[PDB]
*Asks:* 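Before I ask anything, here is the structure I am working with.
Per the PDB entry, chain A residues shown: 82-250, 260-270, 274-409, 421-460, 462-474, 476-526, in order. Whatever order the structure lists ligands and atoms in, that order sets their numbers, starting from 1. Going by what the header records, the deposited coordinates were determined by X-ray crystallography, 2.9 Å.
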Amino acid sequence: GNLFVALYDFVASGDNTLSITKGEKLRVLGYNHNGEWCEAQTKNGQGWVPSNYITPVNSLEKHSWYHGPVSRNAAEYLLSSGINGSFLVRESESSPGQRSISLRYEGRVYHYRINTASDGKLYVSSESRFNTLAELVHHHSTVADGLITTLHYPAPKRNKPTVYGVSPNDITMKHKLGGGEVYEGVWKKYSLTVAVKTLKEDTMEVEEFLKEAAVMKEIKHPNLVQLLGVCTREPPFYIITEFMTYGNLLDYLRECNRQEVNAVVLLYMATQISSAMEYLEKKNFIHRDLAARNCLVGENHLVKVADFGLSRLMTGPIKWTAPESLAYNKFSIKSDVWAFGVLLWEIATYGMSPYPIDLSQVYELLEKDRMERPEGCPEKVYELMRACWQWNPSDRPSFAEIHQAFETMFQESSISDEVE
Ligand SMILES: O=C(Nc1ccc(OC(F)(F)Cl)cc1)c1cnc(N2CC[C@@H](O)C2)c(-c2ccn[nH]2)c1
Ligand SMILES: COc1cc2ncnc(Nc3ccc(Oc4ccccc4)cc3)c2cc1OC
Ligand SMILES: [Cl-]
């Protein structure tokens, strides 16, 4: 009804950004070039606001139980911390317009489809159809009516929506890491915590460091780290990226509390990384340094991938390479598929050192037959990483194929159930 409602809290602290509290009423006056920001007027003032942080009043997103387009296993992770009656309504990522209800009950997560009849009345069971989705959700929150339990408690959001650009349109240096290249720091103009990477050369050339970053600036995916800025005017070049509070994926995995980080969490991270790699491959970009250290962990196990196009740097890296990448200097997605298979072995092993096996002869060890089953790794997952390690690179599945497998691997089961 011409009005908008804020879905997430946003602190302004920006050029002309407007602070919004969840549930505030907004009148939208316009949008910026990319649409990631929109000018809004509220009872307090006028200013720019992230577009994904607010939704139209007539929108179905105004409801808490509607999480928009959500992966099936992402929804399963969302319901992992729930109780009986915990539920969410999601849009199918593979085919949009298809709606599903994910409902948690006694440790299980059940998925139901909201099918539309010839009348257009959406329904879950054929005996009760409704004109609108809100009617159906209200009815199934009143009685179960064919569901295993009533839709009682909408699931909370996993993370705030990702925005591209700190503004609609060198600086403070904090502590580095501790040791045992990348520093944490503050941007004053927007007063936000960022990560700054310094570098020397070899891969970081004179004109490549600027023309390559232009392609990197166009890297925009929820599971890919965002290149906020670059500073090439000083002998130490600065790479400004988002900040992830939990840091290294390998360090997280080795120190994590496995009761909180269970098999569903592991598949959530794997699906995130696979979707990031699918986005990178579909754009014809090669990561080249895929591994656990180059991934980062965020809130609610939000995983992002960094160090893409980095190739060199840090280095204080043999086992994550393709057999054809170090023998003949290959540049391909399939090498990244091999690195992804090693990464998934690491995830299945909770961060164990790969090939645990003489390094000085590992190449040969591969000319004939690869790591064995981790304890509890489902045979499907080992099969996937097995395909990811092929002597001929053409025989390895695409990252899109890997993601499609991952989503449909446990359609009639649970990864927690299929541990053994
Ligand atoms: O959950 C586990 N694996 C998993 C989860 C999700 C997967 O799918 C994906 F998609 F997420 Cl990769 C794939 C694998 C798991 C549980 N327990 C384990 N332990 C055995 C020794 C004991 O102390 C603890 C191990 C293990 C074996 C070797 N090291 N660790 C693994
Ligand atoms: C809490 O601990 C950490 C938090 C982090 N938060 C964000 N980023 C990190 N690492 C990073 C930063 C910039 C960078 O530069 C590039 C970015 C993309 C592509 C190429 C280069 C590479 C890695 C972090 C590292 C951390 O400890 C290892
Ligand atoms: Cl929306």
*Asks:* If you rank chains by how many heavy-atom contacts each makes with ligand 1, which has the most, and what name does UniProt give it?
*Replies:* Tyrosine-protein kinase ABL1
*Asks:* Which drug name is given for ligand 1 in the PDB records?
*Replies:* asciminib
*Asks:* Which UniProt domain of chain A has the most residues touching asciminib (ligand 1)?
*Replies:*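 By UniProt annotation, Protein kinase.
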*Asks:* Provide the residues lining asciminib (ligand 1) within 4.0 Å, heavy atoms only.
*Replies:*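 Heavy-atom neighbours of asciminib (ligand 1): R351, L359, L360, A363, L448, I451, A452, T453, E481, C483, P484, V487, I521.
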